[PDB]
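Below is Bifunctional dihydrofolate reductase-thymidylate synthase with pyrimethamine bound.
Chains: A, B, ... assigned top-down by sequence line. Numbering of chain A is taken from the PDB entry, so the residues present carry the numbers 2-48, 71-256, 280-606, in order. Here the PDB entry sets the residue numbers for chain B, with the shown residues being 1-48, 71-199, 202-257, 282-606 in order. Computed over heavy atoms, backbone and side chain alike; hydrogens, waters and symmetry mates excluded. All ligand and atom numbering here is 1-based and tracks the order in the structure.
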Amino acid sequence: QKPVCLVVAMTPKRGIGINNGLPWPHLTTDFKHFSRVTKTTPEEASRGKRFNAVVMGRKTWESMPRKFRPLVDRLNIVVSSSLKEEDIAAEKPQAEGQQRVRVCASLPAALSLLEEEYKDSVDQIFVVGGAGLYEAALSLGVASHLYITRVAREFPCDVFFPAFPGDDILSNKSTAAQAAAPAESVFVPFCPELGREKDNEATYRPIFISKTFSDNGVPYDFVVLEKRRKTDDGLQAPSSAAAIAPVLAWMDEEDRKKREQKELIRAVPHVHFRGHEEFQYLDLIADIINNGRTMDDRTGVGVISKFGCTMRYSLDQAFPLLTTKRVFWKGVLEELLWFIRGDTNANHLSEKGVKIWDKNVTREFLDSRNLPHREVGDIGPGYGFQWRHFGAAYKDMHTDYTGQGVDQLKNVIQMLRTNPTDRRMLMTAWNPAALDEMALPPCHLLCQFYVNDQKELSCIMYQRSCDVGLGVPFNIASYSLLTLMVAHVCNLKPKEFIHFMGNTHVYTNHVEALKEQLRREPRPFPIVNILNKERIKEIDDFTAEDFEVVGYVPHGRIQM
Amino acid sequence: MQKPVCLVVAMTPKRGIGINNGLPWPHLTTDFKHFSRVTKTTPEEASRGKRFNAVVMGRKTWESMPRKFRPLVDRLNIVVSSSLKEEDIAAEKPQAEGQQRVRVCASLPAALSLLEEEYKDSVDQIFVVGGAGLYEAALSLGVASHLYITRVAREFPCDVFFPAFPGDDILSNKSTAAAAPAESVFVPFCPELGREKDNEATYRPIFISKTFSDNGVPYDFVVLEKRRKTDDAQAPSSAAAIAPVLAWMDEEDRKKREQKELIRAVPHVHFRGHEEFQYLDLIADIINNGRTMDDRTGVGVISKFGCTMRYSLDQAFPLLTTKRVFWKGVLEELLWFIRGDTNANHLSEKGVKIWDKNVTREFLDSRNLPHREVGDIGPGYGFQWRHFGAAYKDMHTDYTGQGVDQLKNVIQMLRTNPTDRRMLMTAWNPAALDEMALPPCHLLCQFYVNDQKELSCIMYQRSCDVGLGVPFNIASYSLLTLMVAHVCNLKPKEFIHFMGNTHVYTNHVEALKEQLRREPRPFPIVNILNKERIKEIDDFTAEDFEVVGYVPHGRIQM
Ligand SMILES: NC(=O)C1=CN([C@@H]2O[C@H](COP(=O)(O)OP(=O)(O)OC[C@H]3O[C@@H](n4cnc5c(N)ncnc54)[C@H](OP(=O)(O)O)[C@@H]3O)[C@@H](O)[C@H]2O)C=CC1
Ligand SMILES: NC(=O)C1=CN([C@@H]2O[C@H](COP(=O)(O)OP(=O)(O)OC[C@H]3O[C@@H](n4cnc5c(N)ncnc54)[C@H](OP(=O)(O)O)[C@@H]3O)[C@@H](O)[C@H]2O)C=CC1
Ligand SMILES: O=c1ccn([C@H]2C[C@H](O)[C@@H](COP(=O)(O)O)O2)c(=O)[nH]1
Ligand SMILES: O=c1ccn([C@H]2C[C@H](O)[C@@H](COP(=O)(O)O)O2)c(=O)[nH]1
Ligand SMILES: CCc1nc(N)nc(N)c1-c1ccc(Cl)cc1
Ligand SMILES: CCc1nc(N)nc(N)c1-c1ccc(Cl)cc1
């Protein structure tokens, strides 16, 4: 009895085709993935001819170009009542060592044919579309695994993958007892022989979530879902390992005792291959809750903290705007352009609807800072003032500072353009002489740039204090966005943002909300495009209308 | 023999194990726990009708054992002796219920046969636990598959020594003495074949732990494995479902790996607990995976961007051991930093010349500082630490009260509000960079206190020569953390190293590959002397520190 899997690419609304074609421009990595999965013999992936079978409906077969069909090096089965096997053979000369294309009247007939006629030759069976055959395979319950390429952008479609148990992997579902009726869905039998019985309901659970890819401006990732019941929950010589085991046992005794005391928090534990880069962020939250120390802090709330943490995010395919909770993109962008301008007037942010600075520039708060001479909204000689005018004497948010202090951002960009191997391309906001004049001591206080041999730019930012629940996603996007902007005006390609964290903490009053967020599987990351690239020559040329975020499909509000 | 035999011992770097029929060092608590856990645990519990292990010892070791511990409880005890009588031992202290009668045997082979014969169903593992006479017999018989060695990092006077053995280079540097065939015990690989030229074994490390200490004594744990000397010059459905996808995702890295000869430090060590493995693994990862480019001086640099390491400070001090670190230089330069001094002649006159090449008239002129006196580093590291933002005239000026004194600010906050999240000290002053002989390399450090009065430090370094600078930099900021912890009545916990451009020079690669053949030795202890006299960071002098148990490998021939 041979394994059956489904292989499909779909939009978040399950769109898979239009006018008997695909909805999107060509997805190059997905095509490699489709070929490799369906052509790979089982012994190869784990490292007389044996081959796999691909089963498709008639429209999917018709949708292919004559030169491309049948799919090479796999047995092709077409489910159809009208197509004839002789016609297919008559299309073009049969190639050597290629299986004759078979036509069957239903999916059960196709599987029975493979089980019986191809018992010694076929290894694996892939159902590869379209919606008619996917629906048949789901309702039959024969698919142990679904290989889904989640395309993050929406496209006009007229053919959709059937709704299925587990399709919350694609998009947000009204499920908090607020749905008007049980969601539309195929019934998937867990034991296929027992059909539709209440006791026999299955669901598909993700075991695999890759990092985000893109081609042709389309972001997407790869997931593998495994059928489950709905009522469900180095290497060394053995002698070497046995000699070592008693020493490890006593060395781990103190940790094992404290593990067995508390319950260990773990983000979406059923996902075994955790390639998505947001798993760094989810695992960080879990590790702070599990292993941080509870302590007191400036605000009085109480925190769990760890000291010295790192994450890295790729910028060459997609943009790390986190998906298990929506990030305030407009605030990230408006605040970064404000920084770049050297602006210290937080009212300019507030009037645009970005309120993040307001609580720290009230008359009340500025007086707690012993700055009663500060007009409301004046953050003092803080972040952007130090970036563009490091060391200048500060009067107020209305003063013109052109030519005062050191313009670090200009110096970094000039060095990247002329001497990109330089090891001093740094920008800092931490000016200890100015700390008492500021509304807040800088939090993200240092960044460093680096170029490799292929004109790829990377950025490290060092943050002294990190609220992982609320601040960290925002800071990831700010400095990733900065890296895209610097790369563009320096004729570089953005490669990586690297995040160095000092005091890294969650607030104890957020612990329960974070546990709920840690039940969410990350979605594919969006793409951030720079618009009007020919117009933008210098870092000061960017405006708030020069950016577009594409394919951003985050989880909704936290039910807590 | 169906039953495994292992040797368990603690020894100084000179193989010393005993004096006056006792141990040569103050009590080592963690080693005593380790000894009990290893010899007591039966592999049902290690891997996770009574079964037990046996411990076999010589008569003097039996006599040395404090009577409250003797016989070793929950283990069968066998004493090898020509004079002790089993009846006398039993009458001296009769055994509790469910404990084993102590046996007496005339030789190690007699003891091992008794165990294979009479204790077939009950004994699991056999440990030889001393002393030198029984260790020598076991080594020469070749019955011990593994050696559990506690490496005590300090020499102590001893009158009894572990025998010289093949593999004892794991302990200390071996001079040009050849002497070994006459000196070392010959260890049969196949014990049945005895001493034949084709039957020669050696012991190789598979396990090196992090460094522990008790009572001022640093030490670590290694397990050695017997080898031939001629060796030397989830559910399957889930996993199978995932495999084709991983196969294509890894195809690019796989085809580059197949073309590269991967560098790997001492790859026979499988458990790599020693914290110096982070440094050795970093060298390897830079050579395997760094990008080769050219730098300021036109030579090749292999570089990576954004690396980290972490070193514990609560038991030992991370003075690296695969190559000697210039401790005097580390300590003098830090004291100089703490003074805000910028006169590199003050270092040079103490035999610390690390700054000289960057304060010569010729070099200073290349910095467009022709008005700088020889030896004047400008407003650099310690000046920014103690006088941040102050305007700089020369290295003779008195800058008292000028600028921001970050170091004093950090100490006062640690003393008064330790959970503050702003305890930072920076040397990166962009307004002063052009006046400095060198732009600062280690430019920012941040402190943190947990709920147990334990202090940690992060230092951020923009440019890291892993071959030469980084071991020095690690010692500098670990030492600074020890000093800050003391004057704040805190305990030092951890030094965390954040690295930007992390590189090795291509013309060091050959010498580095040699270094990567060296197994790390236990870290030494750094003690602060005269603690009662030292109340403020400025109070420390060079005489206030001692380095205990520092046993680094010697110089690289390449
Ligand atoms: N994004 C992706 O991964 C994929 C996208 N697509 C897109 O999907 C669309 C085509 O899919 P679709 O339109 O659903 O058509 P199908 O490929 O499902 O072919 C439908 C035909 O196949 C036969 N058939 C299908 N289901 C059954 C069944 N249960 N029992 C018996 N015969 C059956 C019938 O053939 P007859 O009428 O001859 O009896 C039916 O008319 C195209 O736009 C294509 O581009 C296709 C594959 C994968
Ligand atoms: N640091 C460590 O890990 C350890 C240290 N020690 C230290 O080692 C010292 C004792 O070791 P050591 O002095 O060598 O004495 P031993 O413990 O080796 O006992 C020596 C006696 O044991 C018997 N014996 C030993 N080897 C043989 C043999 N091959 N064949 C027959 N009988 C044998 C003889 O007993 P008889 O004379 O009765 O025939 C011999 O006189 C003490 O200082 C002790 O503290 C001990 C154990 C571990
Ligand atoms: O960009 C920022 C700015 C602030 N914070 C958080 C860290 C702390 O929780 C708090 C700042 O207060 P202090 O670290 O100064 O105490 O806000 C961030 O996470 N990111
Ligand atoms: O404390 C120090 C000072 C310097 N370097 C190394 C790093 C670089 O190889 C070189 C300084 O060169 P630049 O990065 O400034 O170009 O010295 C260190 O590793 N540690
Ligand atoms: C490469 C497109 C693709 N990607 C994935 N992940 N699955 C598929 N089933 C297909 C596909 C679509 C149309 C045809 Cl005709 C064949 C295959
Ligand atoms: C705990 C000391 C110790 N540590 C180790 N690692 N091995 C040993 N063989 C011993 C030891 C020393 C003397 C006696 Cl009598 C028994 C055991």
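- The ligands or chains that make up pyrimethamine in this structure: ligands 5 and 6.
- Other chains within heavy-atom reach of pyrimethamine (ligand 5), distance under 4.0 Å: A.
- The heavy-atom binding site of pyrimethamine (ligand 5) at 4.0 Å consists of A:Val8, A:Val9, A:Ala10, A:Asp31, A:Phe32, A:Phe35, A:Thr83, A:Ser86, A:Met87, A:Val151, A:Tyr157, A:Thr172.
- Looking only at protein heavy atoms, the nearest one to atom 12 (C) of pyrimethamine (ligand 5) is A:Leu23 CD2, 4.1 Å.
- Closest protein heavy atom to atom 9 (N) of pyrimethamine (ligand 5): A:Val8 O, 2.9 Å.
- For pyrimethamine (ligand 5) and A:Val9, the ligand atoms under 4.0 Å from any heavy atom of the residue are 5 (C), 6 (N), 7 (N).
- Annotation for pyrimethamine (ligand 5): atoms under 4.0 Å from non-hydrogen atoms of A:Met87 are 15 (Cl).
- Under a 4.0 Å criterion applied to the non-hydrogen atoms of A:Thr83, pyrimethamine (ligand 5) contributes the atoms 15 (Cl).
- Measured by heavy atoms, pyrimethamine (ligand 5) lies under 4.0 Å from these UniProt substrate-binding residues of chain A: A:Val8, A:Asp31, A:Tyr157, A:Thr172.
- For chain A, the entry records the source organism Toxoplasma gondii.
- Protein heavy atom nearest atom 10 (C) of pyrimethamine (ligand 5), with residue, atom name and distance: A:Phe35 CD1, 3.9 Å.
- With ligand atoms numbered from 1 in the order given, pyrimethamine (ligand 5) contributes 6 (N) to contacts under 4.0 Å with heavy atoms of A:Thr172.
- Mapped onto UniProt domains, the residues of chain A touching pyrimethamine (ligand 5) mostly lie in dhfr.
- Of all atoms in pyrimethamine (ligand 5), numbered sequentially from 1 with element shown, those under 4.0 Å from a heavy atom of A:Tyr157 are 9 (N).
- Against a heavy-atom cut-off of under 4.0 Å, A:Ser86 is close to the following atoms of pyrimethamine (ligand 5): 15 (Cl).
- Closest to atom 5 (C) of pyrimethamine (ligand 5) among all protein heavy atoms lies A:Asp31 OD2, 3.6 Å.
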